[PDB]
A.B. asks: 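Hi! Got a PDB file here: PF-3758309 bound to Maternal embryonic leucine zipper kinase.
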Amino acid sequence: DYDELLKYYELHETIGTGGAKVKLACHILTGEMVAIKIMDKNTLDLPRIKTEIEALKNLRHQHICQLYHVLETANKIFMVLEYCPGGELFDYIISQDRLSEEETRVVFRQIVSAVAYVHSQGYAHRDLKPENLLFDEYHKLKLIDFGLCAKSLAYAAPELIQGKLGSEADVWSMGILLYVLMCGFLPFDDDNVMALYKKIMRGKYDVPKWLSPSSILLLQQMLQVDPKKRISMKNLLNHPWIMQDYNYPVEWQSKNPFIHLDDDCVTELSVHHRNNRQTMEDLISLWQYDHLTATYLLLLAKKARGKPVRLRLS
Ligand SMILES: Cc1nc(Nc2n[nH]c3c2CN(C(=O)N[C@H](CN(C)C)c2ccccc2)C3(C)C)c2sccc2n1
């Protein structure tokens with residue numbers, strides 16, 4: 001089962017195991033580290049993986065953890081993704097107790113950027129929480145886990161739980177997230193699942209003394225039980241709180257394109273393929289998420305880190 005995969009990657013330690021597992025690995029042609037999520041097809045739950053793949057094939061963003069390569073044997077599925085060394089936002093909050101307003105703003109703008117983009121493309125994430133945000137090599141946030149996306153109860157909006165409106169529910173989840181960043185605990189919690197549900201429907205929460213009046217006001221706009229009264233994604237982008245100490249709205253548009261190609265990465269792939277430029281371009285622009293896609297995108301990442309755009313051809 002690991003046979004096709006080992007043509008392309010050096011497998012290292014397994015660094016996470018859940019109900020899928022995650023293996024660290026090196027991509028041989030570029031020497032870049034990657035993180036391969038591995039699913040068994042017999043013990044699976046399945047169309048959750050299919051949703052995620054098709055979402056990550058169509059989404060590409062500076063704050064979305066990038067998919068490079070999809071492989072499938074008769075009993076396994078491999079998703080080769082960006083390696084984020086910094087770990088989960090959840091763990092970071094635990095280590096810090098809570099973030100100050102300033103640092104919360106820094107991280108939160110990155111969350112809003114990703115979710116605004118996901119929404120611009122016609123998806124809702126639907127499982128936004130700090131476990132699904134990872135710090136990359138530059139301590140920048142990356143959104144993961146698009147399995148429940150569409151065209152955790154503590155983070156679910158009241159209307160989503162009542163089963164009735166996807167863009168608004170993400171704003172609620174972001175509101176819960178915002179609270180957890182600045183407080184270190186959830187605004188609605190209970191051991192009993194139905195009592196928690198009840199608390200969420202009421203929409204009443206403790207407001208700690210250390211929150212600034214601006215924070216409080218924004219939380220209140222985000223955590224409106226009625227989604228019609230809830231602040232929209234658009235108005236969140238240039239909200240006074242979000243703008244404080246930046247003075248410009250969240251830059252949400254993608255800087256990682258499908259249409260434009262990097263000339264140096266194309267040149268290097270051309271020599272490997274003994275290809276003409278125009279035909280190497282057409283081949284890359286099919287975006288099949290095969291080894292070409294992976295090698296092209298990992299060369300770009302190499303370039304972005306100030307390393308030479310070079311394949312290791314042995
Ligand atoms: C496991 C782990 N991953 C790390 N970095 C990562 N880089 N790239 C990725 C991760 C984690 N990823 C991931 O899909 N995790 C899922 C999260 N699901 C449950 C919401 C997961 C975690 C554990 C077991 C199965 C699946 C991707 C994006 C591949 C890092 S950094 C320091 C520790 C560490 N531990």
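For the single chain, residues carry numbers from 1 onward in sequence order. Counting starts at 1 for both ligands and their atoms, in listed order. What you see below is based on every heavy atom in this structure, not just the backbone, and it leaves out hydrogens, waters and symmetry mates.
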A.B. asks: Which ligands, or which chains, stand for PF-3758309?
C.D. replies: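 Counting all copies, it's at ligand 1.
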A.B. asks: For atom 26 (C) of PF-3758309, what's the nearest protein heavy-atom neighbour? Residue, atom name and distance, please.
C.D. replies: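 Result for atom 26 (C) of PF-3758309: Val22 CG2, 3.6 Å.
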A.B. asks: Any non-hydrogen atom of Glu82 lying under 4.0 Å from PF-3758309?
C.D. replies: yes
A.B. asks: Identify which residue UniProt marks as active site in chain A lies closest to PF-3758309, and report the least heavy-atom distance rounded to 1 Å.
C.D. replies: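 Nearest UniProt active-site residue in chain A (heavy-atom): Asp127, 6 Å.
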A.B. asks: Considering both backbone and side-chain atoms of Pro85, is one of its nitrogen or oxygen atoms within less than 3.5 Å of a nitrogen or oxygen in PF-3758309?
C.D. replies: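 The answer is no, given that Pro85 and PF-3758309 share no N or O pair closer than 3.5 Å.
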A.B. asks: Residues of chain A touching PF-3758309: which UniProt domain claims most of them?
C.D. replies: Protein kinase
A.B. asks: Determine whether the side chain, the backbone, both or neither of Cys65 has a heavy atom under 4.0 Å from any heavy atom of PF-3758309.
C.D. replies: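 Side chain only.
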A.B. asks: Just going by heavy-atom distances, which of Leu134, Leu81, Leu143, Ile15 is nearest to atom 12 (N) of PF-3758309?
C.D. replies: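 Result: the heavy atom closest to atom 12 (N) of PF-3758309 is in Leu134.
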A.B. asks: Within the 4.0 Å heavy-atom shell around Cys84, which atoms of PF-3758309 are there?
C.D. replies: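 Selected atoms, number and element: 4 (C), 5 (N), 6 (C), 7 (N), 8 (N), 30 (C), 31 (S).
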A.B. asks: Looking only at protein heavy atoms, which one is nearest to atom 17 (C) of PF-3758309, and how far off is it?
C.D. replies: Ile144 CD1, 3.8 Å
A.B. asks: What organism is listed under source for chain A in the PDB header?
C.D. replies: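 By the entry, the source is Homo sapiens.
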A.B. asks: If you draw a 4.0 Å sphere around every atom of PF-3758309, which residues of other chains have a heavy atom inside it?
C.D. replies: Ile15, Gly16, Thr17, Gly18, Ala20, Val22, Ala35, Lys37, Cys65, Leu81, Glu82, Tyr83, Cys84, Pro85, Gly87, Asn132, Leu134, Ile144, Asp145
